[PDB]
Student: 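PDB structure, protein (thymidine kinase) holding aciclovir.
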Amino acid sequence: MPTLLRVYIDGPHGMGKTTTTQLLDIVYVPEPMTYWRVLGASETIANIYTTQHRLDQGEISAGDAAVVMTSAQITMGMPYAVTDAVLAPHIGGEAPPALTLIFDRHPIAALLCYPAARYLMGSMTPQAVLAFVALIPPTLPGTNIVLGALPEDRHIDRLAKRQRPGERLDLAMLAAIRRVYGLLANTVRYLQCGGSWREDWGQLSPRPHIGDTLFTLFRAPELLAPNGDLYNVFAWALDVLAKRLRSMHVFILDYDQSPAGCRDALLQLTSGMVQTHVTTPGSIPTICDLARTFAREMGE
Amino acid sequence: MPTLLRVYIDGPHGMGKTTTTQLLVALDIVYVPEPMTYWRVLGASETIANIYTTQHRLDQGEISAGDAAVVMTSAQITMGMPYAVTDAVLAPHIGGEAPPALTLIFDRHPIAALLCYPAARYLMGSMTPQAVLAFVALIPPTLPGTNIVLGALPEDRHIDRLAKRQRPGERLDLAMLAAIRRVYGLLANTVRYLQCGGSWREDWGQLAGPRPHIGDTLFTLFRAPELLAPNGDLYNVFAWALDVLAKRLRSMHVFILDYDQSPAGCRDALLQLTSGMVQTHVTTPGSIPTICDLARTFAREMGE
Ligand SMILES: Nc1nc2c(ncn2COCCO)c(=O)[nH]1
Ligand SMILES: Nc1nc2c(ncn2COCCO)c(=O)[nH]1
């Protein structure tokens, strides 16, 4: 059966992702802006940023904000979830690809990364975060995630030039999301190099130190028993996080360059990405129309 | 290789599901109980109480639809968390389909939290169909050997059974009882509809035993204007969500238990449904004891 190469462009917002992907037998599954603004709900991004500002200002409590913020992440990740679910049966075993599928973000952005960042912002409970983690779909073969690199100051500038509708320039959020994504990359290397979070959990009291991986965010008091022990439910969600992340293939793109270079660089990063066979002979056309239909309906 | 038999006892609350399952285990059979401790303490504070007070405020007109939905949605996330991790952890142990070397009786299946209760709250007006379909899109892949037991119990009998057997924080909401009895009835029909060859896409315009009418399936709840494009058809994102729903429920083995009898009757009736249920092989030699510890640890920590 033919081959497919899927590439998920992910990372903190404001780095020029969408911009450089458009610059690239190659379909682009875009940012579901229409779902966020109208289909799933009314102006979700605006809802997300207003609630944080209301929390920041003390107009509401951490509990009010958490309920709003949590409900919102479900709307944000919906498009990525159905896409993964409908595509899964078409993906075959690891293997020029017959089709290159470029995505604007992977499910973990909405089921792990942002909820994690909102936790670090005090608007999401750590239990809500691990509930999204437990729902992360199984990691299929050939899951190539391209994350971005950009010095913080150039990122602030870029973030500033292109914002989304209803968004507010939150430097604290930019810092939170940068840490999460930075931790995420370390976690993948940790896991791939043999790291056992259960074996190094004490350390929170040639691989990255567990203190530099995402597991550090969950040594949170809400998740711990009176004797300091992590409750098994929560420990079980960490075993799933570990399983889901270890098989992903991470690639880093230096966005600290001109749009032509970034675009060049991404093409360059394609050579070591993993391709897979498809399941049926009719998979490519089916995959194509899914991409174009999604694009047509949810890209704004 | 050793075999395993998993059985999920599900259905509307207040029928006597938890009692009869325990009775069943009292007879290498572990019970994975209702994780009440996660709902009352570990995941949030008195979640069942939050849910019922919220639908109540909504019903009384003290909060708005948007307020209730935001609360209901986060609360549904806490409710299903214990089901989801157990499924994810247990998944690599289940092998292909196949007495059992181990029998696992679960108190509810992940779809109770990821489909049925959300669908009912939608009917009750405290949740949006977009949110229900998002949950559905997150329903974990159905493992082979998924035997699910749903229950039957006359409404008058059901009503009287509720006016006592209330959870802590629960309120006597007969409207929600009707909605949930209705949703599980649709669930049952949806499984046979799909197993009889039904295709929701083919029968959309129409909106053991013979193949049911789509209007008697879960698909009928998603004929909501919020989900419809200007041309009358469903937005593709929502259509794809129904594709997932059909894929998840079509491989489940559903059985109906009659709860209109004494507890010992229900137990024996359930014990009979069990002899003809689908088993599976486990993947590794140590999956069985591992699985034993998991259910026991789950029970010890979350039961209440
Ligand atoms: N998924 C998700 N994306 C977010 C959130 N806050 C900001 N973003 C960025 O996505 C769009 C640009 O702001 C959030 O809470 N969740
Ligand atoms: N998951 C879930 N269970 C509920 C809900 N309402 C009632 N129950 C079940 O009754 C509470 C005791 O199980 C709800 O919204 N979600």
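Chain labels are A, B, C, ... in exactly the order the sequence lines appear. Residue numbering for chain A follows the PDB entry; the residues present correspond to positions 46-69, 77-147, 154-263, 280-374, in that order. Following the PDB entry, chain B residues are numbered 46-72, 77-147, 154-262, 278-374, in order. One-based numbering, in listed order, for ligands and for the atoms of each. These numbers come from the heavy atoms of this one structure, side chains and all, not from hydrogens, waters or symmetry mates.
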Student: I'd love to know which other chains sit under 4.0 Å from aciclovir (ligand 1), counting non-hydrogen atoms.
Tutor: A
Student: Please report which non-hydrogen protein atom sits nearest to atom 13 (O) of aciclovir (ligand 1), along with the residue it belongs to and the distance in Å to one decimal place.
Tutor: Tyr101(A) OH, 3.1 Å
Student: Name the UniProt ATP-binding residues of chain A with any heavy atom within 4.0 Å of aciclovir (ligand 1).
Tutor: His58(A)
Student: Hey, which organism does the entry list as the source of chain A?
Tutor: Human herpesvirus 1
Student: Between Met128(A), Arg222(A), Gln221(A), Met179(A), which one has a non-hydrogen atom sitting closest to atom 10 (O) of aciclovir (ligand 1)?
Tutor: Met128(A)
Student: What atoms of aciclovir (ligand 1) come closer than 4.0 angstrom to any heavy atom of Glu225(A)?
Tutor: 12 (C), 13 (O)
Student: Identify, for atom 2 (C) of aciclovir (ligand 1), the protein heavy atom at the shortest distance, and state residue, atom and that distance.
Tutor: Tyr172(A) CG, 3.4 Å
Student: Could you tell me which residues UniProt lists as binding substrate in chain A have a heavy atom under 4.0 Å from aciclovir (ligand 1)?
Tutor: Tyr101(A), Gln125(A), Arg222(A)
Student: Which UniProt active-site residue from chain A sits closest to aciclovir (ligand 1), and what is the minimum distance between non-hydrogen atoms, to the nearest 1 Å?
Tutor: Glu83(A), 5 Å
Student: Can you check which residues touch aciclovir (ligand 1) if I set the heavy-atom cut-off to 4.0 Å?
Tutor: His58(A), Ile97(A), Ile100(A), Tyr101(A), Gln125(A), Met128(A), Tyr172(A), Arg176(A), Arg222(A), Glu225(A)
